Amino acid sequence: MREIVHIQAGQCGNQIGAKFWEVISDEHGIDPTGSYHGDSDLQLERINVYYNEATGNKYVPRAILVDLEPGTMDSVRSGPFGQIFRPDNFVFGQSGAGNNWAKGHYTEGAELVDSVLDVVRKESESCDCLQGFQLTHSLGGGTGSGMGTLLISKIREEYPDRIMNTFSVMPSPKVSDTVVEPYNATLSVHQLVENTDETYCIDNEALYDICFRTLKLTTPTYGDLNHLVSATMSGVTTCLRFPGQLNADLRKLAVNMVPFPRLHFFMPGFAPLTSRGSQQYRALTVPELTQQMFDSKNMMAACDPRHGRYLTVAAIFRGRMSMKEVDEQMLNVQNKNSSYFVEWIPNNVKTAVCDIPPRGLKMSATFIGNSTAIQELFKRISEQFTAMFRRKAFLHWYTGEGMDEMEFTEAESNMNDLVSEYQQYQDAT
Amino acid sequence: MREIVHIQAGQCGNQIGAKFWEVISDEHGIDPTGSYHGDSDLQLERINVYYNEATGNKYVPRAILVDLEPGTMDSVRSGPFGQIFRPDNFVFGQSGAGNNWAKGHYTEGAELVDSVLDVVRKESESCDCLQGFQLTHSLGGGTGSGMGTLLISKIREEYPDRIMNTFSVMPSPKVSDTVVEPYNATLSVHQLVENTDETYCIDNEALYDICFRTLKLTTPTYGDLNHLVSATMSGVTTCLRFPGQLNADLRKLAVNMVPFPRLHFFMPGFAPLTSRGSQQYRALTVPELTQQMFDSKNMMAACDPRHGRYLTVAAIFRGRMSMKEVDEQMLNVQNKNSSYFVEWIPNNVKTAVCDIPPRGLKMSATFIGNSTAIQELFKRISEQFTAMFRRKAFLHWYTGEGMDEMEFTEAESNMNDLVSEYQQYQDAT
Amino acid sequence: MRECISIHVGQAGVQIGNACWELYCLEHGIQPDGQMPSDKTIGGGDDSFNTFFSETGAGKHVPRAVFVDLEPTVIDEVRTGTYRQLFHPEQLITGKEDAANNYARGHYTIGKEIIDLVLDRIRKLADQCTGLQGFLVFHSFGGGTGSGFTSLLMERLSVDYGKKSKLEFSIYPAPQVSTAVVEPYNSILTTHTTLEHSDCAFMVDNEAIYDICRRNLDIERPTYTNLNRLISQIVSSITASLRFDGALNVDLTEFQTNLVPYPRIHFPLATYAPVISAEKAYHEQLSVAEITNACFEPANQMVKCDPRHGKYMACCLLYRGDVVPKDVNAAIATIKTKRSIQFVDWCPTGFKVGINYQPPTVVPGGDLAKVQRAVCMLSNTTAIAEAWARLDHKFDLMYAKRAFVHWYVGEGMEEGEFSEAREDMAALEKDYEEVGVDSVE
Amino acid sequence: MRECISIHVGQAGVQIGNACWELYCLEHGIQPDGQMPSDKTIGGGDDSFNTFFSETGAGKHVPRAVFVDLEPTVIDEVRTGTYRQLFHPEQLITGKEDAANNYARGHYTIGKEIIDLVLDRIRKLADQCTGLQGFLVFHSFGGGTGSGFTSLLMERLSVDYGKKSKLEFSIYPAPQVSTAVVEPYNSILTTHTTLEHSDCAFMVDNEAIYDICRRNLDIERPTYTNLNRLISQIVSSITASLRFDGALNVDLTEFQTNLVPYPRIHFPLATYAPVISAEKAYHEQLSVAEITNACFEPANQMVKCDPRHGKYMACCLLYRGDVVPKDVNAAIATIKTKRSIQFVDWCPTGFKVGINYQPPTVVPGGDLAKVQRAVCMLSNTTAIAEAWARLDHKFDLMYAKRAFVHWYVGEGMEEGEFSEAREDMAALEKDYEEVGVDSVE
Ligand SMILES: CC(=O)O[C@H]1C(=O)[C@@]2(C)[C@H]([C@H](OC(=O)c3ccccc3)[C@]3(O)C[C@H](OC(=O)[C@H](O)[C@@H](NC(=O)c4ccccc4)c4ccccc4)C(C)=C1C3(C)C)[C@]1(OC(C)=O)CO[C@@H]1C[C@@H]2O
Ligand SMILES: CC(=O)O[C@H]1C(=O)[C@@]2(C)[C@H]([C@H](OC(=O)c3ccccc3)[C@]3(O)C[C@H](OC(=O)[C@H](O)[C@@H](NC(=O)c4ccccc4)c4ccccc4)C(C)=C1C3(C)C)[C@]1(OC(C)=O)CO[C@@H]1C[C@@H]2O
Ligand SMILES: Nc1nc2c(ncn2[C@@H]2O[C@H](COP(=O)(O)OP(=O)(O)OP(=O)(O)O)[C@@H](O)[C@H]2O)c(=O)[nH]1
Ligand SMILES: Nc1nc2c(ncn2[C@@H]2O[C@H](COP(=O)(O)OP(=O)(O)OP(=O)(O)O)[C@@H](O)[C@H]2O)c(=O)[nH]1
Ligand SMILES: Nc1nc2c(ncn2[C@@H]2O[C@H](COP(=O)(O)OP(=O)(O)O)[C@@H](O)[C@H]2O)c(=O)[nH]1
Ligand SMILES: Nc1nc2c(ncn2[C@@H]2O[C@H](COP(=O)(O)OP(=O)(O)O)[C@@H](O)[C@H]2O)c(=O)[nH]1
Ligand SMILES: [Mg+2]
Ligand SMILES: [Mg+2]
């Protein structure tokens, strides 16, 4: 019951998911080969949320791996956990995407999406009662942006009542390593609007800044950035797998995080995050966890929530803690900071409290915020897009692959419209 | 009781049957010399279905081997199981067939068929109560097409109430290695219409595609293609040899697979088929076996059943499995896919469940389908035939051997007529 | 002596009889090699093995049964298996080819070749009887041997015997689940002998017993070995008062006096109320009151049916074990109180109580529990016509295009017999519309 | 026999029932595997387990309860946990997805798929009763299953039974503390069944029990396990005189005769007076006089409310233990003496005394103390309208902008039902303005 299909697409989405299937596979005691070596009986009662049981008490993840280039598939097989996945879910072409949205959404992605959805329906039709999906991808590439939003817009035509959410990486102007990333991100925010139930927007500039300032890492790699993201992805569906005092599924969050539809772009966040050495100096309590989840420098999206108002937030606590301190600290924040919360919604905060903390610490927490300050993201893209497109720069790599300009200007205008949807619900009483 | 005479004819039919008598002879524990070295007592209770017992507890197969060329006979004698057959059943001429239908059906086949039917009646008259026959042959050669259909049309004059079925290889336009194979296949589909009770149509393009995509073989040989075909041929007459929970003979299938006569062309199929390595990742259960038997890429005929409707199908399960899961999974398919089944026949599916799986795996299955989509086969031949015959190409190799054009145009028209027999029973309410 | 002859026809008929003749060997204390053990210097006929087991001299108990099949394979599981010297060798009759889902083969072509051999064996068992009660024919509607041969045999058993009761225990085709494509043609053709020659025909189907195993018994994945043990508890309770002591015993003819109104209204559905797994048999209140209510429940039926859509005409309650009759009358009067249970307006004395002392036997390896009390409820109702309308519709689809008819005509029958057996079953369905409705002036 | 059916709906409803069914197992001396120990050759029904525990034969006590949830997770703590063979397996009903804080899912989409399975189980418990008193539905206003499913069930329980009392034990949303953002939409929509179908609805909230744990009990950091043990002492005292001997016993219908004036004035708040920690239970004067005053205190309420802002209409004092009735009348007459406590001018016989002999049970691992005396005070007052005005204001803020409405409309209800349930709760709040005011000419 309540299964989750995982569709990691591209280079960035596969690197996150390969680190994601190393955290979940530690929470349930899965061996790198696939056997079970846990000690708690709760690690198997809801292991079918992610893992199909196979012959001889081996546990195969319900993950589908997509790329348009065989190289990242060869890395994941040859990594620590290449043994864990099933070899029939490594779907890949040969000709690369080009960091091009059109080449992965129209020419060479539509050729492949028949051979991917036929594998998606092998996972979904074997489940007892499927709950939803999850994409891990990257707004800014060819396969994560283009091929990811072709996969999305072909599942809502077949599974039109399941919770589909994405853990998508959005670009930032401070950290660029792709010239054409505004074209590739605007054309996929337009798809994420009409097709997705929750969208956990993540940046990379926000993830070095957590590693630099909070974690005090000296040389961060991508393995450290994906390690933060994978701690969020496990934290959201915790009450789905472990028993709690309050429970919150994927659908239960989406009911009371999303006031109006089309406003489904969330800011994730994790707590505790300390440096090594400075963990003997922090006492672990509920007022300690709450201060990290609402400080701006512990957001995995490069924004400041002081430039807006939280519509709604959610806080998922994991550990043997009380319920008064959860219900009081989540109260003492939205009265001390009542100018940073929308006042036509009383009690903007949802508390979820599980019973099982992670396997090395007590009392973790996860912050998920629906803030109006996320228009800072969509305007930094829609200023770069409208500065290139007004000169039609780098455009023949898109119009040569089947597209035309009418798809651009529509996608630019739908990005600029939802900026004026968080703007209305920020201000005006 | 319920004996089966096996008449393998030609090159292709002998290569399949030589691999076929190595699978059956493993199911019953027959030594390569012919002695018995089994361990289960069920391997001998119905061993007389295929094997005559000879002097000193040796078990000789009831197989009759026909060719018009001595070379393939020399290969089978010098193979692994040349010791198993009786040397009086190696019937062969000296002058080859020419890949010519007329030369093997009129000139040099009619000279031999007196010396073959006299051997067929030595096998049939010694049986307690014979059930039927089986040809293994090839539509596309001289001996498999021509000599095979002369043997068939002379047994229905003598054994006119026994189940005669064929395991016949049909050509495909994607894989050609014979120029005159439309002439040789159209002139024998015309014989298979009026003379056969079941016809298990097999292609070779459908058998590489199983080896390439499903089995993930790198270098397939003919020994791999015949290995698939021989797993079908054993699977159909399983309940004839081993005890079951539901039983299904050759006649019991033909009653409820064939709605109208002349519609007796079946699509075989086997499950499980995994690659090596990816068998620790698939759990073996009845919903797992059912998904392979109805996927299009596990058909041994190069067709897609989405271009038609199954009139009737059959599923023969082998193993200690339940009967609810068999009766429910065969129900959950023909309601989920009710646009792919003919709706004037309720419950298109026949379930047979034996108790004895093959000797290396539990819970195998065998899919046999009477689909209307087999008109895709007969039109791909009848377009090639009518493109050669309208210029009378390669015709003097046929009219020089006794034939005339009136045999062609009759045989072309009977092929084109049964296309309009699956077409009527596909559509129109 | 209250003797009965069991006749087991076809694959389903044999394979139920493996579950019946397992059970009576345990109820009477007979080893699989026919031997009662040496610690019984008591009344064997006082335990009354002598309705299912004729006592061969020198201590040997051979059953009053004949297993017939047209296929050699199914009865060769009984040779050897474990009951390889329980049965007499001449009462296990095999053919050489089965009827192969073809009524015309089982009734005309193949069936006449062993019908003299089957009938001659029944006379050798009919002559060993002193006080023969009737025949217990087991088969399945929707085979070839279960329908074609059984139709051939019940014609011949009506001519030779006639006055005896001939009970049938059929397996009727299920609405969604079917295993044969020609399953509806073989069920319309067996309609003629089922209403004319049998005297009380029972019907079950596999879906309605699959649901009982899954819901009342929590078996996730049943096989036919699970199901036939439930058929056998219905039979072991029905024929119980022939062979055990108890207040209010019921012979096989006291059914038909109290269950069958008119000579064509003899198709009663059975239930069996404490189908409870052994873990659920704790936390129990398995009293007379709760076990009486469960029979009238529309989910616990042995036929896919709903008796809230029709009216009951009679019931027949048969209790086993720790049962006091004043508890039964207090449980009947609650059943007559409920308005969900509609009797007809010409019944008014509702139904018949039988009670027996011998409690049910738990089969080793069984699925059931060890209960103090059990109830079989045989009950005529007008709702069994709805199972027939769901099968006429499948016959009327395939015979509209005359699909599988060419197999049947070329084996020994005519096309015109389909149009007679369709009208014949449509006349019964008109009888249940006209027997349920109360009369005014 | 004074039997009662407990119905536990949703996560809060189940998780209170873990605290209730812990307590009755200790009050009656039942081990967690349903067994009373062997040192009781006395009257069990004289200790009267038989209002909460039907005695299965061979020494086994199974509760008269059904746990329903739409989520599998919460009831699987009861399988195993410690009560894994206390409960019957068929009375622990789980769905597959929860209603997920959505009234429209719990009432229309998901709730109808198990509502037949829940109601059919209640009849199997209603038939085991001899003298059924009424239903004890536990839920929470402000879930999806606690509001949507319970509204679906109380409609169906009113049609099948009707004449029975149906008590509710709800958890109402707290004014400052809330855990759900859509918490006010699910509380206006459950208003219709709470006033129409229930006969006496109770309300508590988590803030008013957090303060009792912190102030009266000195727990610095309570969890829900601390709170639900306080809910369970209110229930264990209310239903006590059904199942223990005492002077002045009170049935569940003698509440409603003496607590409810008019058929829409049935929302009484409860208190419980000796909530005293074990260290503070020394230095005590826990007499009848001090424990009567504590119920009327506005800080010890179980609802965030102040009965000095409205007028009482009835009270209902239920005492347990070492209580002599002349001490009660001397304590009532002090309560009527005070001018802070305003009764209405049509009451004049103030309120009803019930007394019981059985003193309260100390739960091992509990927070409470071992007292000689305890008082539950059920009391109608006009001040509970003020808790409703604090929640209409939260509904009126969010529904002014039609915020979360698109989740509810796309699941099985219309936009117009918000405008009916807002008017429906505004009519009760007009009734409490018109029932409190005395009349002149
Ligand atoms: C002695 C001690 O207590 O060490 C802690 C520790 O020092 C700190 C600094 C840990 C440490 O984490 C990091 O340094 C880190 C590295 C890359 C990316 C993100 C974090 C720790 O490495 C991480 C490790 O986390 C876990 O064990 C969790 O179960 C975590 N597991 C993983 O991420 C994981 C890592 C490798 C392999 C498999 C899993 C987790 C979190 C959420 C969901 C699932 C799992 C913990 C508590 C510690 C160390 C070991 C130093 C911190 O992180 C986490 C995720 O707990 C960083 O800030 C927190 C606070 C911890 O106190
Ligand atoms: C460790 C293990 O379980 O190995 C399996 C295996 O890995 C797989 C992949 C086997 C393997 O089969 C093939 O690779 C294959 C090769 C040529 C043609 C067809 C298949 C296997 O070779 C085949 C072999 O099959 C049998 O043993 C059956 O009895 C089979 N026998 C023969 O075909 C046969 C082969 C050589 C000599 C004599 C007989 C059979 C099937 C139907 C009817 C009669 C017999 C099995 C289960 C396996 C191996 C050994 C790897 C598979 O095939 C069969 C027929 O079972 C291929 O897909 C299935 C799934 C199996 O799991
Ligand atoms: N309950 C039950 N039903 C069975 C069993 N075996 C077969 N059936 C039913 O019987 C129907 C077909 O009849 P069979 O017994 O298989 O065939 P038959 O009566 O022996 O006649 P033939 O077809 O010639 O073999 C199937 O549709 C099954 O539903 C069994 O063991 N138990
Ligand atoms: N007193 C008390 N209140 C609880 C408890 N658990 C949940 N609640 C309250 O119940 C409210 C929400 O209802 P839930 O029980 O969580 O949800 P539900 O009724 O099961 O329905 P779903 O949302 O579908 O799960 C919360 O606001 C809590 O205040 C508990 O254990 N004790
Ligand atoms: N957080 C994170 N970001 C990555 C990783 N790999 C690549 N990226 C970012 O993803 C962006 C481009 O997406 P890419 O991985 O190239 O997707 P693709 O080309 O479509 O497969 C670049 O700006 C990278 O900074 C990774 O492992 N972790
Ligand atoms: N599957 C399979 N096909 C074969 C084999 N040998 C030949 N064929 C095919 O059979 C066709 C011609 O039939 P052939 O064997 O030449 O028959 P013949 O000349 O009459 O004896 C060719 O297209 C081959 O592809 C074999 O061992 N297996
Ligand atoms: Mg048979
Ligand atoms: Mg819940």
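Chain lettering follows the listing: the opening sequence line is A, and each later line takes the next letter. Shown for chain A, in order and in the PDB entry numbering: 1-429. Note that chain B is numbered according to the PDB entry, with residues 1-429 shown in order. Numbers in chain C come straight from the PDB entry, and the residues shown are 1-441, in order. Quick note: numbers on chain D are straight from the PDB entry, i.e. 1-441, in order. We read in the header that electron microscopy, 3.5 Å was used to get this structure. Ligands are counted one by one from 1 in listed order, and the atoms in each one are counted from 1 as well. This depiction is restricted to one part of the PDB entry, and every contact reported falls within that part. Scope of the values below: all heavy atoms of this structure, side chains included, with no hydrogens, waters or symmetry mates.
- The drug or drug candidate at ligand 1, out of atazanavir, vaniprevir, vinorelbine, rilzabrutinib, Taxol, is Taxol.
- The chain forming the most contacts with Taxol (ligand 1) in this entry appears in the PDB entry as Tubulin beta chain.
- With a cut-off of 4.0 Å on heavy atoms, the other chains touching Taxol (ligand 1) are A.
- The entry names the source of chain A as Sus scrofa.
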